[PDB]
Amino acid sequence: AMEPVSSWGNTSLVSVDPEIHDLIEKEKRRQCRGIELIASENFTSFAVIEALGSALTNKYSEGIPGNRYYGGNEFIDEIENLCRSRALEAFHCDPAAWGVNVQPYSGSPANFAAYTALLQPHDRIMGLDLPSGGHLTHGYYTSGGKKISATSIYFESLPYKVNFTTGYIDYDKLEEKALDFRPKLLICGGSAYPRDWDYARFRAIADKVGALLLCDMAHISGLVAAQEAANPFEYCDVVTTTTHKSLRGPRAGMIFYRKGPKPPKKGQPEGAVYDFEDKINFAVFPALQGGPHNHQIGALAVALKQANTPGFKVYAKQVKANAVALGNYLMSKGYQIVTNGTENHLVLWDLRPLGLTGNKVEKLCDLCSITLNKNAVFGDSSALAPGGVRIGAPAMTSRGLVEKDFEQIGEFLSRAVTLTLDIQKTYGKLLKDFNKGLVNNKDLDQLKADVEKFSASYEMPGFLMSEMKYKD
Amino acid sequence: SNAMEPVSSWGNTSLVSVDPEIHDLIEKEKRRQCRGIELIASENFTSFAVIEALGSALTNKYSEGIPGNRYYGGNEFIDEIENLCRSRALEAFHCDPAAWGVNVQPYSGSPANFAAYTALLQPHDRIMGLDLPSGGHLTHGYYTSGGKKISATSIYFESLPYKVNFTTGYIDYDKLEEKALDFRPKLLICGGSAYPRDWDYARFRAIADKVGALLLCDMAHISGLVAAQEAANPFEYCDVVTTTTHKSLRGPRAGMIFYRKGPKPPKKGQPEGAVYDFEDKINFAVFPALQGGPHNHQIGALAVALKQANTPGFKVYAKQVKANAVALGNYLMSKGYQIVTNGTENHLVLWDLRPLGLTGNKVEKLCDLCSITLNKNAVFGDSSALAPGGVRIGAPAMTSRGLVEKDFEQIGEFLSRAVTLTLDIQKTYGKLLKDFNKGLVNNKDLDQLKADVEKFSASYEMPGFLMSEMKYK
Amino acid sequence: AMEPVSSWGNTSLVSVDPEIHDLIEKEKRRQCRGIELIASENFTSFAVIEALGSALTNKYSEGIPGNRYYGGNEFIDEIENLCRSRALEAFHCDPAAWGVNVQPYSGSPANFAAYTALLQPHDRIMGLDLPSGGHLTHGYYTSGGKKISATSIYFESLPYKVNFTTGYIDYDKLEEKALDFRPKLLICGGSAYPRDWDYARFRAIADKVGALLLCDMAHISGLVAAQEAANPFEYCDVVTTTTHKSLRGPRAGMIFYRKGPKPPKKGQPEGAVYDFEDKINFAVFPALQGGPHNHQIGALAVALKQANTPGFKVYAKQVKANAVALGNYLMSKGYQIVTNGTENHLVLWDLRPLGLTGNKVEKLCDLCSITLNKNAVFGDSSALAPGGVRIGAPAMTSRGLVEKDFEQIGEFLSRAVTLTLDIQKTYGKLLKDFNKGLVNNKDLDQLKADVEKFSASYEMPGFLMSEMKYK
Amino acid sequence: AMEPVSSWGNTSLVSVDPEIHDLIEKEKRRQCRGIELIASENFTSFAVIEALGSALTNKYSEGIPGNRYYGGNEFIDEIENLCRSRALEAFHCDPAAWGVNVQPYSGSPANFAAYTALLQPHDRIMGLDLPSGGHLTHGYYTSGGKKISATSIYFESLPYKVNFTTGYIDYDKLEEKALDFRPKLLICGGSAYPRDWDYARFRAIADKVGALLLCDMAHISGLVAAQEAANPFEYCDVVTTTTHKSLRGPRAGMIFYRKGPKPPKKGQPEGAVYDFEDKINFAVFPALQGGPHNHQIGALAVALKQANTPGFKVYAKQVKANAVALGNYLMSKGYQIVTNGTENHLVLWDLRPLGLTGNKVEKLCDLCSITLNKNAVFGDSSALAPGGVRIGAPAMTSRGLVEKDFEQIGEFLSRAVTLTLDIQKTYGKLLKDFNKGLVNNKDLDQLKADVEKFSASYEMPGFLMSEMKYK
Ligand SMILES: CN(Cc1cnc2nc(N)nc(N)c2n1)c1ccc(C(=O)N[C@@H](CCC(=O)O)C(=O)O)cc1
Ligand SMILES: CN(Cc1cnc2nc(N)nc(N)c2n1)c1ccc(C(=O)N[C@@H](CCC(=O)O)C(=O)O)cc1
Ligand SMILES: Cc1ncc(COP(=O)(O)O)c(CN[C@@H](CO)C(=O)O)c1O
Ligand SMILES: Cc1ncc(COP(=O)(O)O)c(CN[C@@H](CO)C(=O)O)c1O
Ligand SMILES: Cc1ncc(COP(=O)(O)O)c(CN[C@@H](CO)C(=O)O)c1O
Ligand SMILES: Cc1ncc(COP(=O)(O)O)c(CN[C@@H](CO)C(=O)O)c1O
């Protein structure tokens with residue numbers, strides 16, 4: 001005799017699985033009691049989450065709208081059609097010149113599918129070097145020749161770097177390297193670069209060496225949509241992105257691609273038109289993915305509707321203004337940030353002049369409910385000892401914080417780095433001894449409690465703090 | 001301007017007010033799911049509790065790495081959730097954690113397989129899997145007669161399929177053995193998407209050992225049956241087991257990669273005390289090689305599903321799923337229809353339409369119009385992709401709504417009426433699709449069939465949400 | 001002061017390097033005092049050798065005739081043009097429908113340049129399996145997965161086999177495999193298959209799977225020229241060959257390719273023409289080789305004139321008659337030759353029914369001045385101890401031997417195998433045991449003396465036995 | 001009824017193939033009636049040519065000495081062993097620390113074999129850029145992405161360049177690129193570079209990036225053997241070469257490789273030993289080649305003996321002294337050479353200050369019997385046409401010319417570029433117009449005549465001018 005449907009299938013999580021329910025409630029408390037500075041994180045809306053947790057998860061819908069492998073997709077099709085056109089609308093794309101696939105599971109799936117569509121195995125790729133602020137998915141291999149990214153396993157990658165004096169992209173060295181290496185794909189976009197991108201110059205380089213030009217705008221997609229960042233669609237053939245960072249949506253990826261007539265070309269036929277659409281669609285499916293995750297797609301459609309509002313543009317401006325205010329506060333205390341400013345959502349803090357390592361700061365901060373991450377500095381490609389931390393404004397800005405609140409965050413960070421110096425002063429620059437100061441430290445306990453009282457006092461999108469299990 | 005919208009406005013308001021359009025479409029899709037007869041073998045209806053974990057604050061957290069070795073901080077509770085997910089995974093599948101580990105981060109099934117391949121093979125290494133017209137899946141490799149590489153498994157690796165016996169419809173182990181002796185795959189893959197019989201993993205191991213291949217089972221379709229001990233256990237013979245979690249296992253949409261650990265079994269010419277080293281390679285392929293941040297809301301939801309799957313009640317359901325497939329299969333054979341291998345031992349029925357003079361897509365498109373959802377499926381010999389010769393029918397989703405054998409025989413009668421209407425249209429308008437499409441318009445028997453079907457479907461419970469609360473009643 | 005030009009540069013080899021001169025004189029004696037049965041070996045002519053050793057070795061001539069990177073190639077061009085046109089004439093090709101590149105240094109370079117011209121790295125290739133009579137350059141990899149041939153390193157090979165019962169190529173199994181595997185290149189030809197090739201059935205299979213069809217005719221190239229073997233040019237897109245085997249020329253390779261209008265197809269523009277010429281030329285140079293070896297090409301031109309004579313056709317007939325006579329003799333003594341006969345220049349002999357492996361017979365033969373080589377047979381997996389030996393007729397036929405002489409060769413071979421059996425019976429199959437019988441063996445000594453006395457009575461092309469150092 | 005062996009097999013070339021015989025006599029005359037300045041060409045000895053044109057061509061000998069696949073190799077082994085040990089001797093290698101494979105058919109086969117032995121497909125390689133003086137086989141792809149060398153087809157290559165101002169290899173740019181690219185194999189050596197190489201710095205660079213270090217010493221093979229150039233063996237893991245350039249032997253290649261204990265390196269186990277020998281042998285055969293060309297190997301053993309003499313060392317000194325006397329002659333006349341001198345066998349002439357291209361000069365020089373080749377200068381690749389020519393001394397030095405003769409060659413080159421400019425004044429730079437001056441030009445007639453009388457006044461190794469057909 002089967003267990004009735006209402007029992008296993010309709011009972012709430014709290015009764016079905018108190019263990020997981022309790023863990024989610026502890027994670028809910030952690031999120032609204034911490035100062036969350038990881039540049040790639042955000043707090044998405046309850047409306048997004050309600051679509052994310054929905055019966056859309058049940059449906060297999062392989063194919064694309066209007067061309068499915070099987071049936072039952074009448075409404076899945078409307079949702080995905082709406083998600084795609086809301087995506088082109090959010091990024092101000094003429095749909096006769098731009099298409100988009102919203103099925104990639106995440107950002108790395110979106111990048112690898114773009115590479116699969118446009119390149120053969122072992123074709124050459126160039127992206128921003130990791131210690132210059134690039135991302136793993138743009139290619140990464142070690143000095144010992146170990147290939148870390150699958151981008152470097154199945155293709156041939158070579159990084160370009162920032163100028164080590166200024167911290168800006170050395171466009172001359174990029175152009176020199178691309179002319180020698182002759183990449184078939186040139187990637188722009190990054191993860192820890194604190195300035196905006198000159199896509200026009202990337203298009204000029206791309207045209208000189210004959211490469212396709214792809215922008216991965218994942219970190220700044222929210223800024224791009226809000227027209228608070230330079231527009232990569234003006235110059236790139238293909239644009240990839242995540243949807244969960246500054247865009248403030250679910251965890252998913254998108255691939256945008258040109259359609260229609262190609263611009264004037266050196267000796268190639270009149271009337272030539274782009275042929276990305278079919279290649280990109282086929283790489284996503286059937287080549288790489290299986291059934292799309294329709295709960296992410298519907299949730300993304302909600303996110304994209306929310307992004308295309310006057311309010312979201314205000315949020316994007318505030319994100320930048322908050323990043324700037326935090327950076328100015330740290331520089332006024334004597335700290336040094338990379339390029340002495342920011343033009344986007346993040347700040348790169350150089351910790352070498354303090355004699356501290358990104359590891360120690362990240363460790364201490366985490367024990368004080370401040371989450372950031374360590375990060376290489378000024379392109380210093382050496383080892384496992386990052387000399388900086390990366391700080392981002394999207395998540396706390398989403399909780400309603402403005403400049404003076406981010407100045408308070410700067411003062412919290414100042415107390416943390418002061419605490420870190422003092423712990424290194426007493427126990428030394430070796431981590432296993434530094435750790436002894438991290439336990440039963442009343443000063444740390446005081447800072448952590450002041451951090452949590454600060455964070456507790458702001459609203460939280462996505463759920464109701466008044467209803468959460470752990471308010472204390 | 002320069003003042004942000006209040007958090008309560010954009011961030012806490014419910015979906016029905018924030019996005020009436022999307023809310024309305026999800027409610028239409030909710031009604032569709034509980035008013036049709038859902039026979040797509042890879043689908044299921046998961047619990048509300050799984051869905052509550054899936055739509056949760058876990059979506060906000062970046063946690064690259066694994067429990068106990070993250071890149072970032074703040075992962076105290078994500079670590080407890082993922083560790084719980086792994087150990088419930090090993091429990092549900094009866095693995096000794098000293099001999100088996102599991103990575104639960106794959107985004108879906110195809111990511112799980114490509115990660116397993118990346119972990120164990122170099123680019124262009126040889127792979128063999130079950131041919132699609134024999135019941136296999138794309139992710140095990142697929143290229144066309146023209147030489148077109150369809151699956152990324154065939155783009156980045158060198159695949160060669162194996163087939164069922166031309167006559168019996170069972171895996172042809174001798175031909176398999178012969179091909180692998182010649183082709184010499186580095187990885188031999190078992191499991192499939194439309195094969196109606198259980199698998200002999202002991203024979204696959206013998207062949208794998210004979211040729212020197214790693215043996216991997218993709219148990220996606222039968223995951224719930226294996227966990228329930230209602231199917232042969234691949235963990236007893238395979239090096240690596242991959243799976244989805246949203247099919248018969250009835251979880252969220254995700255993948256898992258199981259791998260052996262510890263001392264290797266005695267093989268000749270093998271150094272004594274030899275140990276498996278799948279664990280580091282598989283973890284590394286998932287991250288940092290292939291994926292980015294894990295989707296923690298899926299992982300937490302998977303943990304819920306793995307708890308639910310490891311119950312006595314879930315074993316009853318798996319037994320019923322197999323009993324419902326058989327009941328439907330016997331019902332269709334007793335009407336004169338041709339079922340592949342004349343029965344089933346798992347969750348699905350493979351129906352051969354070629355003796356009827358019918359193509360799988362015709363029956364698929366007519367059923368869809370009557371709220372019967374299935375899929376056309378290649379049967380042995382097929383060459384087409386738009387127009388294969390059969391349909392594949394599964395029991396898990398309608399069984400999860402509480403249907404038993406008698407209800408599945410009513411489904412069989414609905415399937416008979418639909419095929420008869422399909423032949424009626426063909427007899428009247430022609431065998432060409434453009435002719436055929438004329439019968440699907442203003443068709444009274446088709447309207448009648450669609451009404452009976454939804455009347456039927458409406459009579460059962462629905463997991464995952466409350467019908468008593470839906471927009472469309 | 002510099003050594004005068006005449007001193008180092010015009011003095012004979014006997015004075016400049018007596019050590020090497022003496023070694024070549026010892027090798028000249030070996031060649032006319034032994035029974036030479038290596039099926040890939042021949043005795044080329046003095047004329048070929050006078051061109052091979054000439055001032056042509058001095059000239060760099062990268063490019064093709066009329067399109068060289070360097071100047072001064074007026075006469076290299078005429079020679080290479082002469083060689084190409086004589087190549088087409090020898091194999092009966094209309095130059096409007098076939099072209100040829102004569103620059104490959106040897107056979108293996110010819111094959112790799114053909115693959116490089118026609119395929120991308122990792123494309124699929126099918127070739128005759130080695131234990132079915134195939135060659136390494138058509139692909140070889142071990143059961144353990146060791147990639148042995150470059151063909152298997154840079155491309156993806158899968159072998160096709162002979163039918164177990166008949167010893168003939170199994171065209172049904174081939175078609176089945178090619179349909180599954182989907183090769184882009186299907187290769188025919190071999191080095192130990194004793195029968196001829198049905199190129200029409202191969203073309204039917206290649207069309208069925210969408211493969212290019214290449215024939216490697218190296219072994220039977222002299223028989224093809226003479227129209228004593230089926231003609232691969234009737235059905236193949238590309239034909240590769242060596243020139244030093246049955247063609248009786250210098251050591252070189254050639255790549256023949258179709259030109260001009262294509263036959264009717266589908267998706268092919270009406271009026272389409274073959275596109276092999278430029279890819280093949282380019283793959284040979286600049287992709288793979290450097291400067292051509294012009295002395296080889298001039299010597300090859302001479303050989304190609306000598307092959308296109310009525311005399312060469314008599315030789316090719318005799319080569320085939322001698323092989324049949326040898327195989328018939330061995331079969332009458334109870335020996336198992338594969339397919340129980342031959343249609344070409346060689347005989348393949350399964351020794352496993354005798355309880356022997358081919359390395360034992362090859363070693364004992366060698367000590368008796370009989371040169372052949374061990375050879376895999378159907379089912380073998382051993383590098384060092386295959387189950388057969390391969391024997392071919394071109395070289396000793398070139399010395400004038402006819403059927404009667406090859407029946408005596410059979411009796412020597414039968415004597416050699418009986419002695420191998422005696423030794424094995426007495427000492428064992430273990431190598432260090434079998435060796436115990438290879439020394440102080442009076443029966444061995446006698447067989448060697450008989451063999452060399454038989455061998456010295458016949459003429460020898462390439463040099464004058466009357467003027468050689470060791471008689 | 002076979003044709004008698006003596007008619008086809010022992011008759012001389014002149015009566016068997018008068019066409020080919022005549023063309024070789026024309027090419028013999030051409031070789032001594034002009035000024036051969038192709039840096040990669042030489043005139044080898046009659047002794048080498050006699051071994052090259054010998055009965056060694058008849059033998060199949062797959063394998064290596066003492067480890068052959070079949071029989072008849074008693075004297076082939078002695079010859080190949082002698083070639084290998086003379087090779088190690090000529091380049092001053094301790095045989096406990098160095099081995100050599102002498103079977104590569106030429107230089108490009110040697111290089112591709114070395115790569116196959118040392119690297120997996122698609123592994124990264126760096127070599128000297130072609131416009132910077134490198135060679136195709138070290139990698140070459142076009143600005144469009146077309147892969148030209150098989151090196152770039154089957155591996156991933158990235159070139160390094162000379163300094164565009166000074167013409168010297170930019171070693172700091174190379175280190176920068178190697179650190180970014182991380183090649184598994186770093187190649188040194190080139191085809192048109194007028195300076196010696198800093199192998200110690202290449203070793204420092206290879207060790208910094210974890211690369212293998214190979215030298216392709218083809219052009220300077222003779223200078224290194226004669227100890228007239230830096231020794232790559234002190235620093236490189238592998239040395240490949242041809243044998244027909246400054247080494248003055250037959251056309252063939254060699255691969256040297258280290259053996260025995262490795263020197264200390266951090267991260268290296270104590271007692272670690274080199275593992276090149278089996279890999280390199282296996283790549284050559286059975287992976288890439290078939291039968292060795294034993295006539296080349298025999299001819300090579302001769303050339304290696306001739307190279308390890310006091311006479312040959314005087315020749316290598318004279319080669320460098322002649323290249324220096326030519327370079328200092330041109331600089332004395334206002335002309336400019338890259339790096340303003342040379343340390344080896346060649347000069348690189350910058351023609352751009354004259355407003356000339358290397359194409360105009362190479363073609364006018366051919367029309368009056370001076371063979372040189374156009375060449376890019378200062379690593380320029382954007383240039384429509386090459387801005388210089390390359391001139392080598394080994395070939396005419398082998399004819400006995402000393403410094404004063406190469407000064408006379410300098411005057412002939414001055415006349416050539418003057419007469420080239422004469423034509424450019426009166427027809428411009430468009431080659432369709434420039435071609436108009438290359439016909440019915442009396443001044444070019446006088447130059448062709450003076451050059452031909454000049455060349456005829458010297459001896460010729462390899463054959464006897466007194467006995468040639470065309471005098
Ligand atoms: C991904 N896949 C499986 C598959 C399954 N269901 C589908 N369903 C639909 N509606 N469309 C598909 N492309 C489809 N494809 C494919 C894709 C292409 C071919 C294909 O090329 N078929 C050729 C035959 C192969 C050839 O001639 O090269 C044909 O004629 O249909 C087959 C299967
Ligand atoms: C190239 N080739 C054919 C071949 C023919 N004649 C030869 N002759 C000699 N003297 N040596 C050889 N290696 C040799 N090889 C080879 C090479 C390697 C193997 C091999 O690697 N291994 C096994 C077979 C074991 C396996 O199936 O992998 C052996 O012992 O022969 C087989 C054949
Ligand atoms: C054996 C096997 N392995 C892997 C997958 C991939 O699952 P995914 O869609 O989550 O990527 C599938 C999907 N199978 C689905 C979609 O093709 C089906 O309807 O059969 C599968 O059958
Ligand atoms: C530019 C870019 N492209 C792609 C990705 C991958 O997104 P995914 O986690 O969804 O795979 C990232 C993630 N970036 C995260 C994790 O590394 C970060 O903290 O910076 C990215 O920055
Ligand atoms: C360094 C190097 N390595 C290899 C080779 C090729 O030798 P090969 O022609 O015997 O193949 C050359 C030939 N170089 C000739 C033809 O390009 C030349 O005129 O320079 C070379 O310079
Ligand atoms: C069909 C075929 N194609 C190519 C080759 C290679 O010729 P090569 O030695 O000149 O490389 C051979 C060599 N065959 C020789 C050496 O293995 C033999 O004894 O059979 C061949 O048989």
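Chain naming here is simple, since letters A, B, ... match the order of the sequence lines and numbering starts at 1 in each. All ligand and atom numbering here is 1-based and tracks the order in the structure. All heavy atoms count here, side chains included; hydrogens, waters and symmetry mates do not. We read in the header that X-ray crystallography, 2.1 Å was used to get this structure.
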Worksheet item: What is the PDB name of the drug at ligand 1?
Response: methotrexate
Worksheet entry | Chief chain touching methotrexate (ligand 1), naming from UniProt | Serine hydroxymethyltransferase 4
Fill in: Other-chain contacts of methotrexate (ligand 1), heavy atoms, cut-off 4.0 Å
A, B
Fill in: Heavy-atom contacts of methotrexate (ligand 1) within 4.0 Å
A/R68, A/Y69, A/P286, B/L138, B/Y142, B/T144, B/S145, B/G146, B/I150, B/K376, B/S383, B/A385, B/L386
Discussion item. Tell me whether atom 30 (O) of methotrexate (ligand 1) lies less than 4.0 Å from at least one protein heavy-atom position.
Written reply: no
Practice prompt. Considering the heavy atoms of A/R68, write down every atom of methotrexate (ligand 1) situated less than 4.0 Å from one of them.
Written response: 10 (N)
Practice prompt. Considering only protein heavy atoms, determine whether one is less than 4.0 Å from atom 23 (C) of methotrexate (ligand 1).
Written response: no
Worksheet item: Nearest protein heavy atom to atom 8 (N) of methotrexate (ligand 1), by residue and atom, and its distance?
Response: B/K376 NZ, 3.0 Å
Worksheet entry | Interfacing atoms of methotrexate (ligand 1) (cut-off 4.0 Å, heavy-atom, B/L386) | 9 (C), 10 (N), 11 (N)
Fill in: For B/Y142, atoms of methotrexate (ligand 1) separated by under 4.0 Å from a heavy atom
16 (C), 32 (C), 33 (C)
Fill in: Which residue and heavy atom of the protein sit nearest atom 27 (O) of methotrexate (ligand 1), plus the separation
B/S145 OG, 3.5 Å
Worksheet item: Among protein heavy atoms, which sits nearest to atom 25 (C) of methotrexate (ligand 1), and what does the distance come to when rounded to 0.1 Å?
Response: B/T144 CB, 3.5 Å
Fill in: Distance from atom 5 (C) of methotrexate (ligand 1) to nearest protein heavy atom, with residue and atom
A/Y69 CE2, 3.4 Å
Fill in: Proximal methotrexate (ligand 1) atoms for A/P286, defined as those under 4.0 Å from one of its heavy atoms
1 (C)
Discussion item. Please list, in number order, the atoms of methotrexate (ligand 1) under 4.0 Å from a heavy atom of B/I150.
Written reply: 1 (C), 18 (C)
Discussion item. Would you mind pulling out the UniProt L-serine-binding residues of chain B that have any heavy atom less than 4.0 Å from methotrexate (ligand 1)?
Written reply: none
